[PDB]
2 protein chains.
Amino acid sequence: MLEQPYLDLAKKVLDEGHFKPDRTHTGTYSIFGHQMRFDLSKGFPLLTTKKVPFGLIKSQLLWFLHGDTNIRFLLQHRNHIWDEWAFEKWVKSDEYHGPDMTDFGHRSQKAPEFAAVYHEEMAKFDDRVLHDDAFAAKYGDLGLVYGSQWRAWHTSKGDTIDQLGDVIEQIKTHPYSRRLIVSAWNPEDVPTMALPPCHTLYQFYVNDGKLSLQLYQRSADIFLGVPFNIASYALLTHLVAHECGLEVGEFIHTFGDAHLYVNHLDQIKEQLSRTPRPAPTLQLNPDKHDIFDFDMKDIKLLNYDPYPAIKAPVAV
Amino acid sequence: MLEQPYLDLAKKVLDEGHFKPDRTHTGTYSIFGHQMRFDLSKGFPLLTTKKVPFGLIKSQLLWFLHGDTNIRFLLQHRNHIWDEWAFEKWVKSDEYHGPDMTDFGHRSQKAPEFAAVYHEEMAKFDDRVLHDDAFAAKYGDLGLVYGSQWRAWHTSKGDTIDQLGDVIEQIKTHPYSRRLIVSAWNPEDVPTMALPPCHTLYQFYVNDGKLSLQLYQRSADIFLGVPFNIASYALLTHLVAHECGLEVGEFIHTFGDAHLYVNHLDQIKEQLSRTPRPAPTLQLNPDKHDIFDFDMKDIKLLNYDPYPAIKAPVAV
Ligand SMILES: C#CCN(Cc1ccc2[nH]c(N)nc(=O)c2c1)c1ccc(C(=O)N[C@@H](CCC(=O)O)C(=O)O)cc1
Ligand SMILES: C#CCN(Cc1ccc2[nH]c(N)nc(=O)c2c1)c1ccc(C(=O)N[C@@H](CCC(=O)O)C(=O)O)cc1
Ligand SMILES: O=c1[nH]c(=O)n([C@H]2C[C@H](O)[C@@H](COP(=O)(O)O)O2)cc1F
Ligand SMILES: O=c1[nH]c(=O)n([C@H]2C[C@H](O)[C@@H](COP(=O)(O)O)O2)cc1F
């Protein structure tokens, strides 16, 4: 079945896992080291044992897949996953001056009155962004995010290398090469960023005509973060092979610290009260080949019958 | 037993492996994706089923572990593993002008007369290096090799980040962090190098006082290259914990393309005619703490009873 992978990763953590403090409060139960593997020939591992929502996953990928470091496309696609860091880079400073708000969010996962401000002054924020190009360009252009990492490596001699572009042009001409990597971890930049890229390195592979991919994710939350991650990189592979004219092999997903949060383990146990159903299947439009173009009307997920969605608290 | 890992990786390739052309002639049998794991508490995985030689492994590590991009320390330590690329960057050019030699080596693994030249003009090379500082500094300073990758990241704003230094100072103060990485893959530099770093990324981990490490190696030869690699990173971990005052956890070693060469598979089958013996145990001197200092008289391997060494041809 395609998603038993997750359920044996998540099972093995609350069984083998050993406790660690984190970079917040809530403890983690962590394993270090896992290869999880999915056979893309017969699927698209979006969890049938918990609604996970393909729409925000597509948007986010597509944002990444064509330069963007600016949340104004994400906002205007009803997606707000990367919304708050834009507010941290602003609540703090010199145009804004308003509410209490310096530090919000965690103290809004359980708040005071906070909800009508963290939700209403960072409403006004995300609004001005979508309509004020000036404002968009500043407090909504996040800088360094996977988008500028894959498509824009800033180099010691002035300019930017579009790495993923180059690896999709190697996939075509030179298929069998052991070099087919996109790193997202740049040292000049990591004694700095809010989050360093959690999705560090991913190499690709052809062999027999179908493209595998492997992703080393350095820090992974078992419950909330790992559902989107399997699916995104699975969506990213389906898209590279429709470009490079290849079939689908594997999506292999490796880990450093796969960790569960102690504040959401009653909830993972409830997910294991469910048996996986038949796995869903994606569609990508034939009339669009340069993967760089896809809108939402170019990737269709079909026949996803999920079990009810299970809620958990971003403490980060 | 600690090295059955290798023998089930190497077994699984000539069994599951599927054929691929490479960046040379000789075909490969390759798997893509493996986590291999060793429990350093009870060992030091140097193969007992084939002599592998700790001396050249120590030298090479130590070279790496204190700035060097120059083979004059490697030469003067009777090690010549990185010797020939120094000769390719020279056979080719303007001080040298001598023998036929432009392209040598492969055509010396099976040569014409080649042996008394590839071996005698690149004798004269490695000699002048060890005695002529001028010459050392040029045709023996390899530039970018793991040494300048770990200890010298060249940055867009002028200077060099000593990454490994910084990660050993984080290991001390902040132990439990999901950030403890040293990448060796720099994009500005990889549309270029002879070999891109085969040992791309490695993150570390404490938890309960003993340090694990995990290495994603992008391209690995099963037979010749993978023996040194398990041991080096195992030696590298033993050294970080004696610095950071930690015990030893695991050494986890992940793969992209683990591949065997078709020209050395009679030879791997002969290694599997042997049962592993008791695994060897290393020593690191108590009076030397800054790992940055170790000479050869600071790491002792004890009680390594190996099976005879099994020879195989560098075609690259
Ligand atoms: C990328 C990026 C930046 N971020 C920020 C961020 C903050 C805390 C985190 N916490 C955990 N455990 N994992 C994460 O991936 C994570 C990411 C993201 C923002 C939201 C979601 C997300 O949709 N969360 C839940 C929604 C339910 C809820 O909390 O109310 C989900 O659908 O699973 C994922 C990533
Ligand atoms: C690092 C680096 C650069 N290099 C260059 C280089 C060239 C061809 C290769 N071929 C293979 N299969 N794997 C490699 O790691 C490799 C590396 C190295 C040079 C020598 C050895 C080595 O000692 N080889 C054999 C020696 C026996 C022989 O060939 O006569 C061994 O001990 O296993 C390893 C790495
Ligand atoms: O440190 C090294 N490791 C390594 O394994 N090789 C070789 C053999 C390996 O199989 C190949 C990597 O494949 P590619 O041909 O893509 O470089 O280079 C060379 C080195 F310098
Ligand atoms: O893309 C992302 N992935 C991710 O998982 N996180 C979170 C949750 C994860 O557990 C943590 C990574 O650990 P660290 O605290 O070391 O950053 O950051 C945030 C993102 F933006």
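Sequence lines map to chains A, B, C, ... one by one, in the order shown. Residues 1-316, in that order, are what chain A shows, numbered as in the PDB entry. Since chain B takes its numbers from the PDB entry, the residues it shows come out as 1-316. Values reported hereafter were calculated over all heavy atoms of this structure, with side chains retained and with hydrogens, waters and symmetry mates removed. Every number for a ligand or one of its atoms is a count from 1 in the order of the listing.
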Quiz item: Which drug is recorded at ligand 2?
Solution: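 PDB records call it CB3717.
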Quiz item: What is CB3717 (ligand 2) bound to here, taking the chain with most contacts and naming it as the PDB entry does?
Solution: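 The chain with the most contacts is thymidylate synthase.
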Quiz prompt | CB3717 (ligand 2): other chains within a non-hydrogen distance below 4.0 Å | solution =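 The heavy-atom check gives B.
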Self-check item: Heavy-atom contacts of CB3717 (ligand 2) within 4.0 Å
Solution: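 The heavy-atom cut-off picks out B/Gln60, B/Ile81, B/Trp82, B/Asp221, B/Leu224, B/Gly225, B/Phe228, B/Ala312, B/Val314, B/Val316.
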Practice problem: Please report which non-hydrogen protein atom sits nearest to atom 10 (N) of CB3717 (ligand 2), along with the residue it belongs to and the distance in Å to one decimal place. | Solution: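 The answer is B/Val316 O, 3.6 Å.
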Self-check item: atom 1 (C) of CB3717 (ligand 2): the protein heavy-atom neighbour that sits closest, reported with distance to 0.1 Å
Solution: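 Answer for atom 1 (C) of CB3717 (ligand 2): B/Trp82 CZ2, 2.9 Å.
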Quiz prompt | atom 6 (C) of CB3717 (ligand 2) touched by protein heavy atom at under 4.0 Å | solution =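 Within 4.0 Å of atom 6 (C) of CB3717 (ligand 2), no protein heavy atoms are found.
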Practice problem: Provide the organism of origin for chain B from the PDB annotation. | Solution: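 The deposit names Lactobacillus casei.
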Exercise. Specify the protein heavy atom at minimum distance from atom 3 (C) of CB3717 (ligand 2): its residue, its atom name, and the distance to 0.1 Å.
Key: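 That would be B/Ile81 O, 3.6 Å.
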Exercise. Considering only protein heavy atoms, determine whether one is less than 4.0 Å from atom 26 (C) of CB3717 (ligand 2).
Key: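 Within 4.0 Å: no protein heavy atom nearby.
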Quiz item: Which protein heavy atom lies closest to atom 33 (O) of CB3717 (ligand 2), and at what distance to 0.1 Å?
Solution: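 Answer for atom 33 (O) of CB3717 (ligand 2): B/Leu224 CD2, 3.4 Å.
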Self-check item: Closest protein heavy atom to atom 15 (O) of CB3717 (ligand 2), given as residue, atom name and distance to 0.1 Å
Solution: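 It is B/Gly225 CA, 3.4 Å.
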Quiz prompt | Heavy-atom protein contact below 4.0 Å for atom 31 (C) of CB3717 (ligand 2) | solution =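 Yes; the ligand atom in question has protein heavy-atom contact below 4.0 Å.
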Quiz item: In terms of residue, atom name and distance, what is the protein heavy atom nearest to atom 16 (C) of CB3717 (ligand 2)?
Solution: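 Here the nearest protein heavy atom works out to B/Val314 CG2, 4.8 Å.
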Self-check item: chain B UniProt active-site residue nearest CB3717 (ligand 2), non-hydrogen distance to 1 Å
Solution: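 Closest UniProt active-site residue, heavy-atom distance to 1 Å: B/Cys198, 7 Å.
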Practice problem: For atom 12 (N) of CB3717 (ligand 2), find the nearest protein heavy atom and state the residue, atom name and distance (0.1 Å precision). | Solution: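 Among all protein heavy atoms, the one nearest atom 12 (N) of CB3717 (ligand 2) is B/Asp221 OD2, 2.8 Å.
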Quiz item: Can an N or O of B/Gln60 be found at a distance shorter than 3.5 Å from an N or O of CB3717 (ligand 2)?
Solution: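 Between B/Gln60 and CB3717 (ligand 2) (N or O atoms, distance only) the closest approach is not under 3.5 Å.
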Quiz item: For atom 19 (C) of CB3717 (ligand 2), is the nearest protein heavy atom under 4.0 Å away?
Solution: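 It does: a protein heavy atom is found less than 4.0 Å away from atom 19 (C) of CB3717 (ligand 2).
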Practice problem: Run the numbers for me: atoms of CB3717 (ligand 2), each under 4.0 Å from some heavy atom of B/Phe228, listed by number. | Solution: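 Under 4.0 Å from B/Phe228, CB3717 (ligand 2) has these atoms: 22 (C), 23 (O), 31 (C), 32 (O), 33 (O).
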Self-check item: Protein heavy atom under 4.0 Å of atom 23 (O) of CB3717 (ligand 2)
Solution: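 Under the 4.0 Å cut-off, atom 23 (O) of CB3717 (ligand 2) does have protein heavy-atom neighbours.
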Quiz item: Which UniProt-listed dUMP-binding residues of chain B does CB3717 (ligand 2) come close to, with any heavy atom under 4.0 Å?
Solution: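 Going by UniProt and heavy atoms, it's B/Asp221.
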Quiz item: With only distance considered, is B/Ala312 within less than 3.5 Å of CB3717 (ligand 2) through an N or O on each side?
Solution: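 It does: an N or O of B/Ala312 is found under 3.5 Å from an N or O of CB3717 (ligand 2).
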